[PDB]
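Here's the structure, in C-alpha cells; my notes come after.
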Amino acid sequence: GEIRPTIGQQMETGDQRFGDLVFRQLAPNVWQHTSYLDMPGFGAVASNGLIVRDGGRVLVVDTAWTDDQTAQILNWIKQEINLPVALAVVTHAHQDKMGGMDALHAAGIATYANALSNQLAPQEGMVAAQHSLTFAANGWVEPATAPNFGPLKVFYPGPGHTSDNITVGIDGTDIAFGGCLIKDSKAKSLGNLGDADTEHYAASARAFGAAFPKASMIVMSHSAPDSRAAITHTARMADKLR
Ligand SMILES: CC1(C)S[C@H]([C@H](NC(=O)[C@H](N)c2ccccc2)C(=O)O)N[C@H]1C(=O)O
Ligand SMILES: [Zn+2]
Ligand SMILES: [Zn+2]
C-alpha cells in the first residue's frame, strides 16, 4: 500500500497518508503536502508544497500534480484544519507546481503566481493564476501585488530551475521554501535542466539563501526538509554548469 517514489523522499516517521497523498506537520501552523505522479514503467514522482494556517484561514503554496490530487489537499484541509482556504501562491509554470489550478479555482480560492509564470502557463500546459505577482530588481515581491499574504514572504531569486521560479519564506517560523530550485544536500543532480538558466542558476540559489538568512528548515519540491546545506550544495552543483 505504501507509496515508494522513484524520485522524491520516502515515507518516514511523522508522515500521514491521506487518500493518495502524504502530509507532514513541520511547525504548529505549517504542513508539507506531498502528491505523486505515476509514470508507467518508471514509478512514482513525489512533489511537495506547503499549507499554512494564518489566524483563521489557510494559505497554500503549490498545487499537487493534478486537479483530483489538489481536491484531496482541500479535503484534508477541511478534515484536519477546518478553516477557509484564502489563497494559493504557485511557484512556477510546470505540472508539479500548477497542475491543479482548476481545482483551486473551482473552490473559490484566489490564486497568485509570478506574472511570468502566468505568461508561460498556457505554453506549459498550465492554467494561469488569477493574479500576477511582480518583483523589484532586488527580488522582493512588489507589496501591492501580494495583498493580505499574512506571514508569507515571496521572493524571486532570479532565473535558475526556470526563468519564472519563485520562493516563499514563512515569517515567524524557521521555514523557507525553495520549490524546484533547491535540491537537498545529498542530491547528485539538479533535476530537469531542460528549461533552466545554467549561467545564472548558482547566483539565484545563493540569492534565495541571502533572502531568507534566518531559515534553518529548507523545504523543497522533491526531498524531505533539509538544513541550509541544501542551499550551499545546490549552489555548488550549479557552479559546475557555468
Ligand atoms: C522532478 C523533476 C525532474 S520533473 C518536474 C517538472 N516536470 C514536470 O512537471 C513534467 N510535466 C513531467 C513530465 C514527465 C514526468 C514527470 C514530470 C520540470 O520539468 O521541472 N520538476 C523537476 C525538478 O524539480 O527537477
Ligand atoms: Zn519545473
Ligand atoms: Zn520539480
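The first residue of the sequence shown is numbered 1, and numbering continues consecutively from there. Worth knowing before you read on, the calculation uses all heavy atoms, side chains too, and leaves out hydrogens, waters and symmetry mates. Just follow the structure's listing: the first ligand is 1, and inside any ligand the first atom is 1. Header lists the method as X-ray crystallography, 1.1 Å.
The drug seen at ligand 1 is recorded under the name ampicillin (open form). Within 4.5 Å of ampicillin (open form), most heavy-atom pairs belong to the chain that UniProt identifies as Metallo-beta-lactamase type 2. If you number the atoms of ampicillin (open form) from 1 as listed, the ones under 4.0 Å from a heavy atom of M39 come out as 15 (C), 16 (C). Listed by number with element, the atoms of ampicillin (open form) under 4.0 angstrom from any heavy atom of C180 are 24 (O).
With a 4.0 Å heavy-atom cut-off, ampicillin (open form) is reached by no atom of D195. Within a heavy-atom distance under 4.0 Å, ampicillin (open form) reaches the following UniProt substrate-binding residues of chain A: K183, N192.
When chain A is restricted to the residues UniProt lists for Zn(2+) binding, the ones with a heavy atom within 4.0 Å of ampicillin (open form) turn out to be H94, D96, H161, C180, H222. Residue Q95 places at least one N or O, backbone or side chain, under 3.5 Å from an N or O of ampicillin (open form). From the protein, the heavy atom lying nearest to atom 23 (C) of ampicillin (open form) is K183 NZ, 3.3 Å. Of the listed residues (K97, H222, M126), the one carrying the non-hydrogen atom nearest atom 24 (O) of ampicillin (open form) is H222. The source organism field of the entry for chain A says Klebsiella pneumoniae. Near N192, meaning under 4.0 Å from any of its heavy atoms, are these atoms of ampicillin (open form): 3 (C), 19 (O), 25 (O).
Not a single heavy atom of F42 lies less than 4.0 angstrom from ampicillin (open form). Under a 4.0 Å non-hydrogen cut-off, the residues that form the binding site of ampicillin (open form) are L37, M39, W65, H94, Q95, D96, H161, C180, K183, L190, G191, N192, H222.
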